[PDB]
Structures are given as C-alpha cells and as structure tokens.
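Shown here: rilpivirine bound to reverse transcriptase/ribonuclease H.
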Amino acid sequence: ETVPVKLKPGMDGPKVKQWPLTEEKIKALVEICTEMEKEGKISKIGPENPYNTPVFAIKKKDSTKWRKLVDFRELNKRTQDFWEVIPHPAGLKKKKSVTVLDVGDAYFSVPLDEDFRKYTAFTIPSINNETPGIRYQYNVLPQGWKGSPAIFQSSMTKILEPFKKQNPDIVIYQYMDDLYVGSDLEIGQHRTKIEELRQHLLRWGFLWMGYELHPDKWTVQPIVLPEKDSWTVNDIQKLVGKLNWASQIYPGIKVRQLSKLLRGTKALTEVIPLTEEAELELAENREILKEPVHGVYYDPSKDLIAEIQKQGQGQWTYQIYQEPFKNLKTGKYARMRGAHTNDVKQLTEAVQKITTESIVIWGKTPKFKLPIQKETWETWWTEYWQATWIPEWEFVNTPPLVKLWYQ
Amino acid sequence: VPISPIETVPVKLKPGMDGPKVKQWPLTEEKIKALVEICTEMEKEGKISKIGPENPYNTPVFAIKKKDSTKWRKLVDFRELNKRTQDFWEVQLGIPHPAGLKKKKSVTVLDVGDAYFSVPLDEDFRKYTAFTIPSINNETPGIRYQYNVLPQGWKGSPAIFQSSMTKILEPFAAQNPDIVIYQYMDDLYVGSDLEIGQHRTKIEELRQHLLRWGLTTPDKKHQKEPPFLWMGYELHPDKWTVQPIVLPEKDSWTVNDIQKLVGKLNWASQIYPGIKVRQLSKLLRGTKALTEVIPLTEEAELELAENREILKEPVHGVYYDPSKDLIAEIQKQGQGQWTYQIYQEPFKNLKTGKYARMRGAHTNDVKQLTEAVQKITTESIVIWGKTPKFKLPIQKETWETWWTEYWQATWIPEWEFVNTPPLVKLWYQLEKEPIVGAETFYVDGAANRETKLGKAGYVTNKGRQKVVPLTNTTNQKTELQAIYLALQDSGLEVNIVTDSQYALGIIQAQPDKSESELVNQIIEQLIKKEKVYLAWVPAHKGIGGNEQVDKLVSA
Ligand SMILES: Cc1cc(/C=C/C#N)cc(C)c1Nc1ccnc(Nc2ccc(C#N)cc2)n1
Ligand SMILES: C=C(C)[C@H]1CCc2c(c(C)cc(O)c(=O)c2O)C1
Ligand SMILES: [Mn+2]
Ligand SMILES: [Mn+2]
C-alpha cells in the first residue's frame, strides 16, 4: 500500500535544469536506468510532465561501480515536512565508534504515491543535445528524498526491533539513505555487530561498505596564543591583533599592557623584552581562552552555518555556528586528502567531512560558505563527490582577515 | 492493413483557470468563403469536427493572404488558450553545436509535413480548441469547430509532436547505430557513412518503419541537400561555419548599429579567430535607448578595422572525430579580452571563441585566465562530453606560485605551457615575514565625512615623516593614499603597517589592474619594489607608529 504525500501549500514541483554531464557519466546513467526501468523502479514519462530534478553519477571510492545520485535539494525544500507520531541522538556523538551504512536500497521496496510521482521527474541528457533527453519518474521511494526515510520509518522501526532489543546499548540513527550505528565496543567486535547487522538486514529483505568515525576522537580547536622567549615588534603586533579579535568572543581579554610595549615607532624586527605587567596580562588572557565561550546554544529552528578557510600546504580550518562569534564547533583538517595537486578536491573532501560531523552531532546539514569562485566549484564538485546527500552552499569572494587567527 | 495508433498525451489547463472565451472578429465575405473551403477539407481529413452549441469556449480565427497568391491560409490565434494551458517539458531547449557533430558521407532529408496531422489531441482537451467562422452577414449561427489533432500555434503542439516522433523513431535509431536522425521541424534528416549504395537501403527501411504507424513520406527527392542553412550556420558534409557575416561600412554609428555589430562579431567569434569587441561594447556603457549616433573612439575604429581583416575571407570549422583528442588553446589579447581555439589536428579548428571579464574594479590576469578555462571547460562538456587538453600562455612555475598562495581554492584541468607572448605573469609578491634592515612605515588616512577634507601620511622608525592635505576624498581613499606615499618614499625593500581592513582586502585580492587609478598607482609602485611586507594592526589599541601617525592626520 501507499502512504500519501503532497507538496507544501503554495508550491509547485521542482523545475531545475539538468547540468552538463560528461560522456562517462551519461553511459553509466543510461545503463543504470535501463535496469531500474526493467525492475519497475522508474517509468518513462511524457511531455505533460514539466518537472525536473538534476541527476549525476558518482563512483564511491577505491571502486569501479558507479552510483546514480539525484539532487533532490529543491524537491526536499518543497515537500511538506513529514512529522510523525525524532529529535536527536545526543549521545551518538559520544560513542567510541560509529559505522555508516548505505541502506537506501530498502526504499525501492515501497511504492510511491502515484499523485506525487510526477514530482520526481529527472532527465539523462545527451552529449551536444543531439537526441532528446531520456525522461523518467520514480514509482518507488527514491534515494535522496527526505520523504523517503520518513515514510519508510515505520517499516525500519520493526525491521530493527530484534537487533535493538538484543543490543540495548548500541545507538542506531538514520539520516536520509544512511544508517549510523554507534557503540563503545572494541573495534573488532564493533565490526562483528555491524557485519551482523547487515546480514540481519540482507536477510530481512552496496550495503557492504563502512565508514568508521570516532566522535570521542574529534578534535576540537580552541584559540591559542604563542609561547616565545623573544618577541619582535611584529610578533607583538600580531598578538595584539589576535587578542583584539578574540575579545569579541571572550569579554575579559585585555591588551593594554602588551600594547604599551610598542610605545614609539620601532622597526618591525626589533626584539622587545616583555614587562611583568605584560607577562601577567598575557597569562590572564591565556586562562580566559581555556574556558569555553559564554551563552552558546543550539537552536534547532535555526540554520547551521559552516565557514572554511584554506590555510595552505594542505591544511583547512572551519567553524560551525548559528550566531556570529558563537561557535558551536571549530576544527582543522591538516589531513591529506586530495592535493598536493588539487585544491578543489581537498575542499570537496572537507565539505563532506564537515557535513558528516554535522549530521552526527545535530542531525542536519549546514549551509556552507565556500572560499572559491562559483564557476570553479560548479564545474568540478561532482567529480569528487561521494556522499548520498548534498548540502546547500554559497560563495565567498572577499578574503577574510581572520584567516590566520584560526591557525 | 492495420496500423499502430499514436497514443495521446493527457493535457490539462493550469490550476484554477478555465478555457478561453475570446470573441470572434468580424471578417469580410471573401475571407469567410475561403475559411469555409479550407475548414471543409480539414474536416474531411479528420483534423477538425463540427460541434454543437453546448461548447462555450472560443478562439479567434483569421485569414491571411499568402505573399499575394491565389490562395488563403487560416490562422487560429491561440494566445489566450496558451496562457491557460499547462506547462510542458520542452525537449528542444537547446540546438546542438556544429563543432560537435560527426562527419557523414551521406545524409538524406525526408519530409513528414503530413505525419504531423496523424497526431491526435487528447479527447478531453479538444473542447478548449473551439473556434467560430462568422456567418455571411451575421444572419445565421456561425460554423463552430474544434480540433482533433495538434493545432498549429498551440502551446503544446511542438513538444507533443516532437516526443511522438521520437517515440516512433526510438527503436529504429537503436537498431541502426550506423545512422543519425535529427528532427528539426517538419523535415527529417538522416546521415551516415556507409556507401550511398546501402545508405539508400536504410532510408527505405525507415520509410517502411514509419508505415507501421501509417505515416507516409513522400517518395520524391526532397529539395534539401547539402549544404544546409540551419540555425545561423552553413552545414556541409565535412565542414561548417556561420553564415555570411557582413560588417557595414558607415559614416555614422548609432547605439543600435553598434549593438547589431557586436552581435555579428560575437556570433562570428565562434569560428573566426581573434575577433575583438571590447572597445566597442565599451561605447555602449549602459543605456537602453537607440538612437543617439554616438562617435567611434580611435580604438573602436582600430579594433573594428582589425575585425574586417579577419572576416576578410571565409573560415570553416571541421567536425568532431571521437577517436581523436580535443585541444584548447588560449591567448591574451589585452584590456581583459581573451581568445581561444579548439582543435584535434593542428590548424584544423572545430571551433573558436572569446572571453570577457565580468563587472569589477580590481582583477588580475591569472584570475581571468582561470575564468576563461572554466568557461571553455563547460562549453566543451556540453558539446563533446569531455574536457579538452589546454595550451596556455603561463609558466608552470607561475601557476604553482599563484594557486599555492592564493586564499581561494582554485583549479585548472590538465594543461601545458605554450610560449606565445604576451605571457601571463605575477607582477609582484608580498612577503610572508617582516624584512630585517628595511625601514618600517606606519601609514594612515582620515577624512571628514562632511567637508570631504582629509589627510594621508606616515611615520617611520628612522624618523622619516610626511602628512599631505587632501580634498575631495573619503576615509577609504585616504587610507589607500597613505600606502601610496609610503611606497613612493621608501627604498627597494620596505615594511608597511596599516590599520585599514579595506586596503588590505584590496591588496590581498592581488590585482594587477584596477578601475581606480589610485590602486593602479599603488600597483605600479609594488612592481618596482624588491620586497614589500604589508602588516595589519587594529585601530586604537595603544600601538606605536600607529597612535602617532593617527594623531597627525586626524588633524
Ligand atoms: C544536428 C543535425 C542537423 C541536421 C540538419 C539540419 C538542417 N537544416 C542534420 C543532422 C543529421 C544532424 N545531426 C547530426 C548528428 C551527428 N552528426 C551530424 N553530422 C552532420 C550533419 C549535417 C552535415 C551536412 N551537410 C554533415 C554532418 N549530424
Ligand atoms: C572612536 C574614535 C577614537 C575615532 C577617532 C579615530 C579613528 C576612528 C575610526 C573609526 C577608524 C580608523 O581607522 C582610524 O584610523 C581612526 O583614527 C574613530
Ligand atoms: Mn586608519
Ligand atoms: Mn586613524
């Protein structure tokens, strides 16, 4: 049977243009859709259906099996809002380990309400516009649709009752196509319970992949002031600048003693010995920075904003917040990936990592502000994307001064 | 002999709307007899059907003489029904670009101006297509008709016809992967490479395939044969171009004339290499309104004149050979203009093109080159489904220095340096640490919001000082002026300390050309220095060099 669904009142279906696809992606999508059509998952549609949602292809990693990904951002925003009868696992973020599981295939075993199907239309375009684009619409619950985990909930709730009752300490959370499973087990039983879980699912009617995370191992990032034996006028100028900035987050910060070191027009490279009034003030200020911020709270009706700064030689810093200067999370990615060759691949990898963390902690994705030209991002993100969801984003074109102060 | 019917598409009016109820216009006795004759055969052919008085919808019908012929033609004005008809999925959004097509030995053109009326219109939607032929003298109830097939002029006819035609051709194309089929309009075009011997066979098989739907296709030699005039181009069996581009010879140019010229040069730029249009589009800075008869700067005539020497003789592009690699070459022209050519074999261009920077006051060559590359990349994906290999005028070393130090993430796909001046280069590099032994200039500006008077100056560690009185100026301006003074009065190496976020935001943006001559002067100064370290400090935090110079310019 089919639980009904409608759009938010005011609102017609999505009419989003399909963006140019490379030849490799088109062949992959043609092959995939051909077999999904055979299987009744999707059906060809006519011109009386004016809706459209973008679609592209992504090879999950270290592999050669393409996935088809539909960008339901617009439909999601546009489809009414599906309360049931979750708010959040405040302890998923606490659990030693967490394994992420692709359970999206389950969705294709529930039919979609015939009156809503038209809204899931998508086009596989042709190179150089030479033949008409192949049009299709979903007949079953589609992956990437927010209605999808919601409607299927009931069915997933009872599909997991056995495992959940026999393992009352394991935390299982579900976001879009993804099942998040967290436990303090030692990292080898943890795997047994997982590869159990899926055998317990793959009985129950590519879920073999795993992405292990360690929330207890994340990796926050306060502000730090340098510890030096000899300070030049420039070191002190940079220090006073950083402290002036931090005083916008922490009220007790004070500079005056450090500022009064730089009395006179001195050469930037001149060494300046610190007064005891200075070295006290610097000390009290270090203390204040070890305390956490004041009045910082999450307000689940508000959007999460994520900012990212390129710190060079492969490092990237970021902050998540809802209110300016009220950081809920800050971090750094002095990882490898991506370069030393490719800036954009690194940025794409960072966005995915931050999104994953945001899902685990608050159960929703943040709106990204990206240090890159819109034209450069749009032309390349899909070539490195590997997640089944897609967050929102906007572009930053003015270099932020606070760049250094977060590294 | 049985024939498969053509399934109809369910059509609806937009929600909340009802059919059209437009009044029929009064016609001349002559036009009515003509319409009656015309409608009579259409009805005999099944295209339309007489309807009762129940139907309350109406659409105006007209009669237009055909280029002064002995014949008449009927025009049903569906503008009003079109506003109330649902939206459809246009699958002829874009036309394919000539540079993307494959070369075909043989290409036949089959007409289907008849198969268009074998396409039925959804039964429940027919009532909305009602129209009325007025009666002679208005003495009898006008003849009422409604359509049974896709009406010419109705919003959905194109989409429904094209999709119906595609659905029929779908199995033929698939089964015959050695031919290409394109449904532009009412004539069907089929190309191929196989010897004309068997290419004629394929055509006969297609006509046979179309007979399954009782669509006949009319067994003559269509008037259309290579070359074809299509979408502003000339398509030939092995080559393509634009059509004829002719630049008027004029003693007077008015906003329109220049807009018309820019249009031709833009359209021509896809195959004619080198085309420039900056000095022209610059003369149309921004108004709506023809005409004005604006004059041509000594650059417009020089830049345009160079155009004529490009379009002097015909230039043709080749077609795409999938088995061969695509290569894109870019050259800087200056004034923020760039030109590129895409080819697979040396000197044999598939297509060419230009790029122009967007609105902005500060920019640099590297950023412009990058934008050009992204544009070419996108266009390439659309036309060939792949990214070309790039040949660019910039040294690998320059590019590396640039992207590793730029605050934004950036990327260019697989490319190679091509040594053809003018090369793109980095004009100056700020230093990462303060310079030892170099004089430290603490700069500042200030201006009175009201009087607009300000001061710009600096003080250094060596006691050097300066404060200059300024008129007609803003805070942001004064702060840029102070930096300029420090640059002017310092040696080849220098440390500059400012408190202006605005000035830093501009130099951190790393421009090599600007719309503000102030910034241009500064740029010119940076270029002449050996080493420059720009430092920033917060205003009013009790700092030397800064607290002093601030007092000197505040007044
Ligand atoms: C887009 C298109 C327009 C017309 C025609 C439209 C009109 N009028 C005719 C055809 C057959 C096609 N389609 C394709 C697809 C792939 N390669 C080609 N090659 C190709 C086309 C025409 C000539 C010529 N002469 C040579 C090669 N054409
Ligand atoms: C509140 C103040 C002390 C005044 C006076 C100087 C002054 C002020 C401001 C806003 C900005 C500057 O960049 C600056 O250099 C100033 O000297 C404001
Ligand atoms: Mn200032
Ligand atoms: Mn000042």
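A note on names: the letters A, B, ... follow the listed sequences, proteins ahead of strands, and every chain is numbered from 1. According to its header, this structure was worked out by X-ray crystallography, 2.7 Å. Just follow the structure's listing: the first ligand is 1, and inside any ligand the first atom is 1. Note that these values count all heavy atoms, side chains included, but never hydrogens, waters or copies made by symmetry.
- Tracing rilpivirine through the model gives ligand 1.
- Taking 4.0 Å as the heavy-atom limit, the other chains contacting rilpivirine are B.
- In the PDB entry, the name given to chain A is reverse transcriptase/ribonuclease H.
- We find no covalent bond linking rilpivirine to a chain.
- Residues with a heavy atom within 4.0 Å of rilpivirine: B/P96, B/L101, B/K102, B/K104, B/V180, B/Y182, B/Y189, B/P226, B/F228, B/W230, B/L235, B/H236, B/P237, B/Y319.
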